[PDB]
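Check out this one - GS-9973 stuck to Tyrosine-protein kinase SYK.
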Amino acid sequence: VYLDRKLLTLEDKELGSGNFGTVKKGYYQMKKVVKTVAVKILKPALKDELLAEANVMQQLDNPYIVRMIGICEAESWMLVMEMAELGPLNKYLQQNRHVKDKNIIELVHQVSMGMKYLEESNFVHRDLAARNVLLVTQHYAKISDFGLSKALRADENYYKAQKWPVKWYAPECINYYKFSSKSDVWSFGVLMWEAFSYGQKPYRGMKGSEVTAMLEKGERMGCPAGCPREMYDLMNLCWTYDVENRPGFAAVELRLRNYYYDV
Ligand SMILES: c1cn2cc(-c3ccc4cn[nH]c4c3)nc(Nc3ccc(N4CCOCC4)cc3)c2n1
């Protein structure tokens with residue numbers, strides 16, 4: 001699973017940035033052809049997180065999850081993934097306002113199919129958000145950034161923690177530090193919110209502690225100008241306060257599969 005630095009070229013246009021360091025476009029010389037890749041380049045432990053991300057990515061084989069080519073012990077540590085060229089789903093819709101809405105259903109479904117796969121595989125993402133949905137084509141998205149993910153113990157249905165996208169986290173993650181596919185389901189509702197908001201941030205202006213209060217009050221995000229009906233009704237079901245009543249991806253994909261067909 002290790003790669004030859006010499007076989008890898010990096011364009012200077014940094015693709016983006018995060019705590020680990022930067023991500024650059026690059027090209028990796030394969031058997032015979034070259035592959036366009038996106039490469040996480042690691043700038044005091046971030047390493048372990050990165051290899052954790054690669055470990056997870058290494059066991060995932062599914063059409064709606066970004067594929068990892070390998071790792072490169074080169075100048076810095078590098079995680080090389082197959083390139084999703086259109087990039088993050090939020091930034092994209094932020095400047096493709098006039099994208100149909102029926103196109104979005106098909107997209108969030110794919111997300112849910114990838115997320116089902118992840119549920120069944122008993123892995124929890126823990127950072128599910130539109131920004132982590134990468135576009136291959138305008139009609140093909142994949143889930144990325146498994147830096148927080150965890151493989152679940154065979155004996156439990158949740159991971160328990162000992163810096164958080166609070167606005168994407170379910171109440172139980174915040175109250176008890178408990179992360180399950182159901183928590184990912186909550187996030188998937190915030191993701192759907194974003195998508196159907198053509199990339200608007202959720203809970204605009206609010207602080208985490210204030211988002212936390214609003215949800216406990218039984219309040220949820222308003223419907224985004226233009227969203228269909230069931231899609232908002234799906235969001236609210238995803239945002240079920242009680243874990244055990246909240247639908248799993250098995251369920252949420254199932255409904256998702258249909259609704260689209262009828263559009
Ligand atoms: C496969 C795995 N990937 C990971 C990341 C990526 C980029 C930045 C960050 C920051 N934290 N994690 C990241 C992952 N980005 C990928 N592709 C991608 C494609 C296009 C852009 N854009 C195009 C528009 O202008 C801004 C940059 C951008 C990206 C991609 N394809």
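Along the sequence shown, residues carry numbers from 1. Counting convention: from 1, in listed order, for ligands and their atoms alike. These values consider heavy atoms only, across backbone and side chains, with no hydrogens, waters or symmetry-generated copies.
- Heavy-atom proximity to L134, at under 4.0 Å, picks out these atoms of GS-9973: 1 (C), 2 (C), 3 (N), 4 (C), 5 (C), 15 (N), 16 (C), 30 (C), 31 (N).
- Residue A84 has at least one nitrogen or oxygen atom sitting less than 3.5 Å from a nitrogen or oxygen atom of GS-9973, judged on distance alone.
- Organism for chain A, as given in the entry: Homo sapiens.
- The parts of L15 lying near GS-9973 are both backbone and side chain, judged by heavy-atom distances below 4.0 Å.
- Listed by number with element, the atoms of GS-9973 under 4.0 angstrom from any heavy atom of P88 are 28 (C), 29 (C).
- Atoms of GS-9973 found under 4.0 Å from any heavy atom of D145, numbered from 1 in the order shown, are 11 (N), 12 (N), 13 (C), 14 (C).
- GS-9973 lies out of reach of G147, whose nearest heavy atom is not under 4.0 Å from it.
- A heavy atom under 4.0 Å from GS-9973 is present in the following residues that UniProt lists as binding ATP in chain A: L15, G16, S17, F20, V23.
- Lab note: most residues of chain A in contact with GS-9973 fall in UniProt domain Protein kinase.
- Heavy-atom proximity to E82, at under 4.0 Å, picks out these atoms of GS-9973: 1 (C), 31 (N).
- GS-9973 places these atoms under 4.0 Å from at least one heavy atom of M81: 2 (C).
- Of the N or O atoms in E85, none lie within a sub-3.5 Å distance of an N or O in GS-9973.
- Checking the UniProt active-site residues of chain A against GS-9973, the nearest by heavy atoms (to 1 Å) is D127, 8 Å.
- Only the backbone of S17 comes within 4.0 Å of GS-9973, counting heavy atoms alone; no side-chain atom from C-beta on gets that close.
- Close approach of GS-9973 to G87 (heavy-atom distance below 4.0 Å) involves ligand atoms 18 (C), 19 (C), 20 (C), 21 (C), 29 (C).
- Those atoms of GS-9973 that come under 4.0 Å of a heavy atom in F20, given as number and element, are 11 (N).
- The heavy-atom binding site of GS-9973 at 4.0 Å consists of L15, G16, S17, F20, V23, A38, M81, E82, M83, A84, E85, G87, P88, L134, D145.
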